[PDB]
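To match the PDB entry, the residue numbers of chain A are left as they are there, and the shown ones run 3-517. Ligands are counted one by one from 1 in listed order, and the atoms in each one are counted from 1 as well. Side chains are part of it too, since the values below use all heavy atoms of this structure and drop only hydrogens, waters and symmetry mates.
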Amino acid sequence: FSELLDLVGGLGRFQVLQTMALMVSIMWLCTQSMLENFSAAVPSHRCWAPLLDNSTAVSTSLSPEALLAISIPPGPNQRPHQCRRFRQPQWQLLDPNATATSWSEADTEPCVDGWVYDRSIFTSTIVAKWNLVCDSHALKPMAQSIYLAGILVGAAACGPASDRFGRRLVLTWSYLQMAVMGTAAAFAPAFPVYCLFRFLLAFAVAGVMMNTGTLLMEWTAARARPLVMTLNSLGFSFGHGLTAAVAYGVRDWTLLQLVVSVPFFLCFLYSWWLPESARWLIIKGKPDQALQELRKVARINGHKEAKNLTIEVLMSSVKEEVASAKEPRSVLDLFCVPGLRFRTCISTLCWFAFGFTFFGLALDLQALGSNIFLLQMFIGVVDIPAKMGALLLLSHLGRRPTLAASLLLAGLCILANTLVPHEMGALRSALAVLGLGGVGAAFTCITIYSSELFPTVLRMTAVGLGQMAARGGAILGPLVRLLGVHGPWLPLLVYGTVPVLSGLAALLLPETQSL
Ligand SMILES: O=C(O)CSc1nnc(Br)n1-c1ccc(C2CC2)c2ccccc12
Ligand SMILES: *[C@@H]1O[C@H](CO)[C@@H](O)[C@H](O)[C@H]1NC(C)=O
């Protein structure tokens, strides 16, 4: 196949522009996933009460602090209660002789008249729109889990459709679906409808993610392929900073979702000027069209040797890859070789731990640091050197020590974040950023490592099991926060424990770096 690329250019203008065009789309795709740190930010909130809020009433000399003491009981955080109010104004709390036990729980009622939300940071959020608070607290992580389950289902559906219809066609319509469904969610009338449209948006996110990487590799010479995939991975690192920058300017959830959805109408349009893969076209017995794509690429690269692309040269080079079709295989085969049985388990575990920890932590930055814009920016900025240093280390020290060290350090940083006292918010922010950086480095390490642990017959089946494990763990990520009602440290303890246990397990894997 690489002879056709050499007659067409395996690295050059076309590959450069293709890499740029796909990197930008991956940045915006990353913004789509990270959006609910801001679109679904929780404002500080309290019950609606007549004295505080019915401004049509008779004015008085009492200042808002006294009215807040008189109207709403204190809560766990040494702050006003977010879900209860006094049944009648408690004037007896105003005197200096008052005490904390001067009232009883029977004197308090829930927010019958609704909530009042802080508008200083955000104009609106889905939490404030649909009151995803108090008894409905679980609905935010439920929405995030529904999005990630959409990604799981979409990745399941993508493969067969990509093989049946082609990488570029499915990528094109995935772009269109992302644009439509992102626009539709921004105007949703109700919470279930918003969840439906976020699920259908993730369904297309999965296809974009898969077909972008596939369409890059199938047009890139093996010499440049690793660098190209590395740049594809850095697109998300820049997507984090892009999310912080865009969300800083747009403080309204509708406008934010709409703004991050519009770009995909442009991605849809310029996806038509891309060529379909010639490998896929020849494999499907379509040399008449593969030739057209090949000479399109050669024309872009300014390469004259399309004159030598007599159609037979296609039918005598790529044709015989179809020999691989004689033996389809399944996930269950991985565990039928006793030498691979344990290897498979402790690799899939690392994939699961990566996805679980990353989407446990990165989707509630509001719990990890005071300022979420700067914190998002930093989990973007640190991710870059983390990934590239992972590449450097595994190119020098090998795969096993790099994966083990990254996972262990990430887990131990996240555990420390619980141990550092709450007042030292700067150090907690730094440690959270370092933990997520270790998780990203572990993503790099496991992606490269899993492509080497298994025999050629099974490499892609093993990697598929790994990727599906990562998506399944990402689904469980958000739901662990429901443990937070028992204590703020418990979800973080779980998120820190999982990577430690998986990084200890990674010490048992065999090495694959060339000697
Ligand atoms: O959430 C899941 O379903 C499973 S992990 C997932 N899903 N979509 C994406 Br984007 N990722 C991703 C999550 C995290 C990262 C960086 C390394 C920390 C990624 C880097 C490149 C590509 C995808 C990534
Ligand atoms: C608000 O105060 C006005 C004062 O006249 C009163 O008429 C009205 O019923 C009050 N509404 C509520 C909801 O308390």
query: Which name from lesinurad, ixazomib, vixotrigine, phenylbutazone, hydroxychloroquine belongs to the molecule at ligand 1?
result: lesinurad
- request: Name the macromolecule with the most heavy-atom contacts to lesinurad (ligand 1) in this structure, as the PDB entry names it.
  value: Solute carrier family 22 member 12
field: lesinurad (ligand 1): binding-site residues, heavy-atom cut-off 4.0 Å
entry: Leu150, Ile153, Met211, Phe238, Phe356, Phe360, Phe361, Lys389, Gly442, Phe445, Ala472, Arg473, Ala476
query: Under 4.0 Å from lesinurad (ligand 1), which transmembrane segments of chain A, in UniProt's order from the N terminus, have any heavy atom?
result: 2, 4, 5, 7, 8, 10, 11
